[PDB]
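I have placed the structure first, in the form of structure tokens, so that the comments after it can refer back to it.
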There are 2 protein chains.
Amino acid sequence: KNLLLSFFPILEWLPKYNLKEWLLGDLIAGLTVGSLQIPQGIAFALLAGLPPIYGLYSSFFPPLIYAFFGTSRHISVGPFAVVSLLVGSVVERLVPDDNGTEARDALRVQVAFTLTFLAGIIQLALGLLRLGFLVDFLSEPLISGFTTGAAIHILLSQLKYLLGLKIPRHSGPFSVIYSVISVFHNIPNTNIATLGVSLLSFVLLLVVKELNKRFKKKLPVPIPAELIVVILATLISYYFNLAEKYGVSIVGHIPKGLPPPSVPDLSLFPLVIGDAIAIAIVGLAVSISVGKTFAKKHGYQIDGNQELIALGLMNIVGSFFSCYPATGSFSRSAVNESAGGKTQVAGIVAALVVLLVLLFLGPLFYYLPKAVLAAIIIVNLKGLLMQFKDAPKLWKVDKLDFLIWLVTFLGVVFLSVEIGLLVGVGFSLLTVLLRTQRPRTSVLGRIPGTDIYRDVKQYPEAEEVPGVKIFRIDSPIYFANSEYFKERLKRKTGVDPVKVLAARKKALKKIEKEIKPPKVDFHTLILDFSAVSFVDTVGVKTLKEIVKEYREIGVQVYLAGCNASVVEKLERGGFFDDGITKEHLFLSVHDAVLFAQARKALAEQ
Amino acid sequence: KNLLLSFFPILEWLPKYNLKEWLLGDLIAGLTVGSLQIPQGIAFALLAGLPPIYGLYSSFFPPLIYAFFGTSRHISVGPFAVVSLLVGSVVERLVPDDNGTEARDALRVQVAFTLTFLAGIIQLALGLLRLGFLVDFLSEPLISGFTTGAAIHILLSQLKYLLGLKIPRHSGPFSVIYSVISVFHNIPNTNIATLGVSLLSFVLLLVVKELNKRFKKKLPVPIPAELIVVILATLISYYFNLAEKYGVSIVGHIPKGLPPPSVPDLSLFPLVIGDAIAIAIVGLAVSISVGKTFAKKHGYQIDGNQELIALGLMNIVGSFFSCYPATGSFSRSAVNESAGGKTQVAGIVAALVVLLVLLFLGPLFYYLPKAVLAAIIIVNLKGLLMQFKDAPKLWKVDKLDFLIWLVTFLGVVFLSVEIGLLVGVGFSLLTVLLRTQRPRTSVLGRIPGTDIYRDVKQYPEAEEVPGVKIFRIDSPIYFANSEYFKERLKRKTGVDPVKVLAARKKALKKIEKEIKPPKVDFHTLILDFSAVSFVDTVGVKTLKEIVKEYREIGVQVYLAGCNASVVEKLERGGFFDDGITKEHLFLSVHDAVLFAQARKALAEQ
Ligand SMILES: CCCCCCCC/C=C/CCCCCCCC(=O)O[C@H](COC(=O)CCCCCCCCCCCCCCC)COP(=O)([O-])OCC[N+](C)(C)C
Ligand SMILES: CCCCCCCC/C=C/CCCCCCCC(=O)O[C@H](COC(=O)CCCCCCCCCCCCCCC)COP(=O)([O-])OCC[N+](C)(C)C
Ligand SMILES: CCCCCCCC/C=C/CCCCCCCC(=O)O[C@H](COC(=O)CCCCCCCCCCCCCCC)COP(=O)([O-])OCC[N+](C)(C)C
Ligand SMILES: CCCCCCCC/C=C/CCCCCCCC(=O)O[C@H](COC(=O)CCCCCCCCCCCCCCC)COP(=O)([O-])OCC[N+](C)(C)C
Ligand SMILES: CCCCCCCC/C=C\CCCCCCCC(=O)O[C@H](COC(=O)CCCCCCCCCCCCCCC)COP(=O)([O-])OCC[N+](C)(C)C
Ligand SMILES: CCCCCCCC/C=C\CCCCCCCC(=O)O[C@H](COC(=O)CCCCCCCCCCCCCCC)COP(=O)([O-])OCC[N+](C)(C)C
Ligand SMILES: CC(C)CCC[C@@H](C)[C@H]1CC[C@H]2[C@@H]3CC=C4C[C@@H](O)CC[C@]4(C)[C@H]3CC[C@]12C
Ligand SMILES: CC(C)CCC[C@@H](C)[C@H]1CC[C@H]2[C@@H]3CC=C4C[C@@H](O)CC[C@]4(C)[C@H]3CC[C@]12C
Ligand SMILES: CC(C)CCC[C@@H](C)[C@H]1CC[C@H]2[C@@H]3CC=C4C[C@@H](O)CC[C@]4(C)[C@H]3CC[C@]12C
Ligand SMILES: CC(C)CCC[C@@H](C)[C@H]1CC[C@H]2[C@@H]3CC=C4C[C@@H](O)CC[C@]4(C)[C@H]3CC[C@]12C
Ligand SMILES: O=C(O)c1ccccc1O
Ligand SMILES: O=C(O)c1ccccc1O
């Protein structure tokens, strides 16, 4: 049935896969991305405080499970920077660094599995409850701001490994500032040989990337820069023996063999539930953002809910099979697309490459210096750092879009990454109220010899109809802008009905005494409700007050243009039973003007 | 100058005060409200953990300073329930209950003064930065929900004093639940004499209130129920000697003399800054809500910014003069209005009544049982508990307004009061996106023999113009609803321009081969942008994509109705330079239809 095929997209998209013009492309993309996953897999595993094999496990299992339940065709899932940074925070906070080392590592990976499990369960839940429409409220400025800020954190983290300092740091409030001043303090303790292999690594990377970009193809596969750099670096650090002589930090023992089946011990559930909710929300945000981007660019659609189910299932299975939270990334996805990725066959291929490296290659990465991994991560961070080109573009067009970018960026750098995203999303939603809270009110006049009405301040051609005042608000009438609407009505019509009623009563009861009225220039006030999208409870109450106050000073209020929803809420709310009738609701400003002039004339006789 | 008179409203409204038809009313209101402030002043002082004189100080100083800088005419400021509950939380958390008693009380009041100072400074800041427009985003359902929930907390707090139990409790997550089960556990330890004076107090209160309500006036001032009940209770508890014999808890020693000048020791600034921000935000919310309510009902306007400056100055001066955070309340304000309050002369009068009680009366309230204070607080809480009548009314009209009410109410009862307000405000702002995220799209046809166009599914009379497709979205085009807009355009026009371009290219390059087009039913697509309030950066980008994709399948896209702001953002964003021209922007759907038919005809020749 359609439910089982929608709950397992693999069973629907796999038979349709045309083996001739795609298979070659997806194999190329898979080999390219597997060659890129290995070094970054290890790197991001260190950045989360776990041993280095966990990167390879997280690069193998999640892409398989995603290929099965996933809806996107250009996303690459795996161990990503920001989730790795949040996992790391939790690990070292629940397990301080103080036989002993293996005991600490066992408790560390137990914490990591609990995190993966809980994050998977939260993502799965949001997907089953059909709450995936709320990932639409993640603006493009918000995600540009957020990923740029997170790239700053990832850049500062890899400075320490790049020089060879032994600095402790945090990801908490203002932690970037103390972290960079910590690097400025310990710069005299710079290892020279570490900086040497770092700069050698950077030189080899930029040479290989520029060369294989500009020079002739003569290749079905582009030159894997990161892989050959890792290979040359491990060979150099094994021959010249950097590790023991010069004290260059190297990757530890990488064990051979498939992952062991594990159980996330839920004794830690109340300690790590906060950071698991943060990991889940960050995972959804960046996974679905990537999916949507590539889907729009290649002309297809992803299901947000099925994406939350896919990411959730992926993380839960990984949790049991010795992994830490995986997620989509923009960097791998860009590489998987530019290599010629067409389907999730590319993901399956990449995972087979990491599989053969888990089984066979394995301990050849013993003599790999940590400085080469840090340099790889930096050169890959180019992409997200070039998103500072988005701050001026937003500035030129919309200053509130610019402020969403800036607020999220500064929130992420100068506070926590989770707090930065929460503050950004808050401000993102407030900008909608800020746009609608002082709407554009107008008094309309008829264009001479035409049955259309437009603003009199903007079109001096239009003349007001005698005895009829037409007023148009260009917004919803809700809690944010209802007091404003009532004020601007009483200001642009030049009549305050309560002041006029007070004046008339005072005049009539004073002449009653000496024996024993304020000139309103209209008999009808038409309200053009064409641009009134919706009305809330506070609007239906403000509209009832306007219609009553004008009923007391003898003015009829007609509505002209109300859409079906507004007329239904006005009916449920009791607008139509205390002055106004459903027969005072016209189709346009013209029909109301006519009925008004007519009523006046058929009363004079 | 107008600045000094706007920064001191007293100097502007006091000379205009007409001594004949107001002075009598304001004196009555002041005496009534002073008679009500004394018992509640003491009560709310105990609820905050301070000694009982602090209620009287907080009932004296703040109303004076507010009368000087304040813009509202029916607000009564003083010690209020919810602020008292938050102050209490902070005091007992920084100063556990373990000579010793006076030392503890001194450190307790030091914490209270720091809180008052910081809260005042925050309120003052928001007022000077002109950020008082953000108190408009506090919906009426939100404040109904919030005050109803807070009345539940205040009711449960006064149960313990009412029976005579010695239960410790909290205001933290789920604290209501444990607190009521704590009361269910300790109900066998019920003092009988305490319950006796409680029920006697309730009987006297309801007798006096019903009697003085229904029976003849014969009085310029209504009968002060709370004052006579406090007086009878202290006389009874002094003669029959309840305190020592039956063990009934009584109010301690109330000292004679004016407040001592104090200094809030800012050594506690980083401990109490969180709870001071919560106190400030709750104070603004309920003070300005009350001011606005009474202003709307009596036909005047308050300045939000000057209100934040007034409340701030009030709290800072109080901080120095041995007070704890004051704020406006709905209960006192209702009483000050129903008594015949016209100006802040009523506030000055009430503060003079509390002044003479601070100086002279003073220790006559030694034998006052705490159960009588608790009963007074309960009978006053009637008002806010009768706001459960608002849940059905919202339910009937708008279900999102109902959900704002419910979310804030449950947030306040079953989590913290600060968290409840924060969650409520979040959801309040999300409901605006939820209303605009699936807007009402339509395909318009011309009404026969009329130059107006309306929906064809809603008005079967309207016929589509041949060769012209007219589409109208009824909302802003921003990040929340831009993908939706593009989808519904390609669905209701029945043409996907990218699929049609692909089909046409494929057909032309296959016939090119065998030798060596998809029928779009329109040449022009008019977009009625009358109801498009605004466009963000993501809308200008989605509109550029629509206009380009339709330029490739040979269709002209005209815009018809764009307001001046939308056309300016579309111009800054670069809509007008890659297909569309500023001459494709018409004034209404009719002018566009005409220009379209015309262009087609002048091309055929
Ligand atoms: C504080 C504690 C209290 C609680 C938090 C506060 C509560 C929340 C605060 C809310 C405040 C937001 C108020 C905005 C009201 C709407 C009008 C509006 O903003 O539109 C713009 C004017 O205003 C701007 O947008 C100004 C832009 C520059 C501001 C900072 C630049 C930094 C320089 C860099 C320095 C970098 C580092 C340092 C920077 C930090 C005009 O825009 P426009 O193009 O004319 O038309 C667009 C449409 N609208 C919006 C105008 C209708
Ligand atoms: C842990 C629980 C957290 C709960 C969070 C609650 C949820 C958050 C809700 C978020 C709602 C909106 C808050 C954002 C306010 C934006 C401020 C703004 O406009 O400034 C802008 C840039 O200024 C910046 O650089 C802003 C940087 C970040 C914003 C901090 C806000 C306070 C919350 C931090 C929380 C601290 C946590 C501390 C650590 C524990 C410039 O101001 P502007 O005036 O627009 O400039 C133009 C001038 N006019 C003409 C427009 C006037
Ligand atoms: C969970 C963790 C995840 C993160 C948080 C979730 C994220 C945020 C969640 C967001 C979810 C909100 C989705 C709403 C989408 C808009 C449509 C809409 O709601 O309009 C209504 C349908 O829907 C309703 O409003 C349903 C109303 C009843 C619901 C609960 C009743 C409780 C009974 C009491 C029990 C008391 C105690 C127990 C109760 C708890 C229809 O309304 P309408 O009159 O037809 O027209 C109005 C206009 N609109 C809105 C329809 C356009
Ligand atoms: C300390 C830092 C805090 C940061 C807070 C962040 C800022 C908060 C941001 C707030 C944004 C919106 C969150 C509110 C979600 C409303 C849920 C909803 O619709 O349920 C409704 C009632 O359900 C309820 O009774 C809700 C009760 C409260 C809501 C809790 C939300 C989670 C946040 C709590 C934080 C926990 C803190 C824990 C303690 C430490 C019913 O659901 P519904 O589906 O609409 O029903 C109708 C059905 N359809 C058809 C419409 C579907
Ligand atoms: C020590 C830790 C403190 C750190 C510092 C102090 C400050 C703490 C602050 C930090 C915690 C950060 C959590 C939120 C991160 C992202 C938030 C965001 O973008 O907002 C958005 C909404 O926001 C929410 O609804 C927030 C959810 C509530 C989480 C807070 C409860 C924490 C306590 C835990 C309980 C306590 C333990 C239990 C019992 C003991 C979500 O972003 P989105 O992209 O829209 O994604 C939603 C998309 N879907 C859902 C629709 C798919
Ligand atoms: C131990 C404590 C933890 C408790 C439990 C855990 C969870 C913590 C949660 C609880 C803290 C509650 C604070 C907010 C209460 C009301 C919020 C509300 O209604 O939202 C709205 C916006 O929201 C905001 O902008 C929120 C402001 C930021 C405050 C959070 C920082 C806390 C850390 C402090 C720093 C740390 C110490 C410093 C260094 C060490 C404000 O409501 P409003 O009516 O719109 O009023 C605004 C009106 N004006 C401004 C325009 C006039
Ligand atoms: C077009 C894209 C894909 C490739 C562009 C080349 C990128 C990956 C490389 C080429 C040279 C690199 C730079 C070379 C050296 C340094 C100095 C080091 O202390 C910080 C990083 C930094 C500043 C590098 C940033 C990344 C970089 C710009
Ligand atoms: C350093 C981080 C925080 C980024 C900050 C970006 C902000 C503050 C800066 C950096 C780039 C700047 C823009 C760069 C160029 C121009 C063109 C000029 O004709 C008007 C100003 C304008 C449009 C600037 C506005 C302010 C701007 C957006
Ligand atoms: C019209 C308004 C101003 C006055 C109405 C009377 C109010 C103040 C009084 C009159 C009788 C009172 C009730 C009398 C006794 C009890 C039982 C007690 O265990 C809880 C409070 C409760 C339930 C009281 C609530 C408040 C109450 C309803
Ligand atoms: C106990 C607290 C949480 C209050 C909860 C209020 C909610 C859940 C309940 C209580 C009162 C209820 C309303 C009471 C009466 C009616 C009239 C009936 O024709 C339709 C349902 C309707 C409109 C109910 C809807 C649900 C409702 C609003
Ligand atoms: O690739 C990403 O999405 C990314 C996001 C934030 C920080 C670093 C990153 O590589
Ligand atoms: O009077 C109020 O505004 C109030 C608000 C919340 C709780 C108790 C109260 O008296």
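Letters A, B, ... label the chains, following the sequence lines from first to last. Note that chain A carries the PDB entry numbering, so the residues on display, from first to last, are 58-155, 166-583, 634-722. Residue numbering for chain B follows the PDB entry; the residues present correspond to positions 58-155, 166-583, 634-722, in that order. In listed order, ligands and their atoms are each counted from 1. What's counted below: heavy atoms across the whole structure, side chains too, no hydrogens, waters or symmetry copies.
The chain with the most heavy-atom contacts to ligand 11 in this structure is named in the PDB entry as prestin. According to the PDB, the drug at ligand 11 is salicylic acid. The heavy-atom neighbours of salicylic acid (ligand 11) at a 4.0 Å cut-off, by chain: A. The covalent attachment site of salicylic acid (ligand 11) is absent, as no such bond is modeled.
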